[PDB]
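Model: Fibroblast growth factor receptor 4 / ligand LY2874455.
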Amino acid sequence: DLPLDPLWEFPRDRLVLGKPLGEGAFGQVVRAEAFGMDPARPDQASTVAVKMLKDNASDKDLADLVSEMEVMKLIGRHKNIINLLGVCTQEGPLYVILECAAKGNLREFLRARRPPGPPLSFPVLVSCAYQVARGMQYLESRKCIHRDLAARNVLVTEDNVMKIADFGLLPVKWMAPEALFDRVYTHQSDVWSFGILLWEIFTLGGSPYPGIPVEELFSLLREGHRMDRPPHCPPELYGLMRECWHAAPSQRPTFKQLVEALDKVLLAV
Ligand SMILES: C[C@@H](Oc1ccc2[nH]nc(/C=C/c3cnn(CCO)c3)c2c1)c1c(Cl)cncc1Cl
């Protein structure tokens, strides 16, 4: 439709699609082989992920999709986020090219390598948490947010780099109380979800509030109850979870303070 952005346009001729990766609600994501995404070398053929409208399309699907593409242009590169590589708006159907995370999302990454009984050593788990904290701090600094913030929304590269998916200016067990009841989202509500994700990591991909149907959960939070410390999880990291789950948002740590705490934990080597 419109227009041509020379900072981002990529010719479809050097883009052969491949097997689907997953969906959706905004668009199908396929694996794809791209030729010459790094123009220092017109030969090196690296893989990417490509986002497209599925086809009984919209009228609320192309709208946010192009809105999604414009948002990623403005934030720019960061190591701990799914970066935008190029776009194809010149010959018909819209393609959005992004970095490929070979190992799927964080929750699948953890559960697939789970032990059978009583790889994912302690520093790797801290490494995952530190990286996601680094990504969320950057997003907040660009006055952008990510309300969802579950392990299923963090992708893992071939090199165990954590990259947050989705960017912009019913998953009820991850949501801070004010976003759950008052329906208001802040940077401090993001920190609540990070605590839940912290717990997702050190249970190696467990389900939050296990055995609890999602309803009465609000009463237990009102009663001051939080999830217990997972086994073999050190009390320092459970202390951070409890700080992320403090009822008052101003009593919660900011993403800066969570990066320093996790950094001090990684430095223990
Ligand atoms: C809907 C999908 O969006 C994206 C967006 C950018 C991406 N860059 N790279 C991948 C690789 C996906 C993959 C590679 N292996 N596997 C099997 C793993 O079980 C899945 C990928 C997926 C998604 C998925 Cl597929 C998963 N979680 C979150 C999201 Cl948003």
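All residue numbers in this chain count up from 1 along the given sequence. Side chains are part of it too, since the values below use all heavy atoms of this structure and drop only hydrogens, waters and symmetry mates. Read the numbers this way: they start at 1 and go in the same order the structure lists the ligands and their atoms.
- Using UniProt active-site annotations for chain A, the residue nearest to LY2874455 (ligand 1) and its heavy-atom distance (rounded to 1 Å) are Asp148, 8 Å.
- In this structure, chain A contacts LY2874455 (ligand 1) chiefly via UniProt domain Protein kinase.
- Heavy-atom contacts of LY2874455 (ligand 1) within 4.0 Å involve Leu21, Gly22, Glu23, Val29, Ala49, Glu99, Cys100, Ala101, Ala102, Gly104, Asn105, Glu108, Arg152, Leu155.
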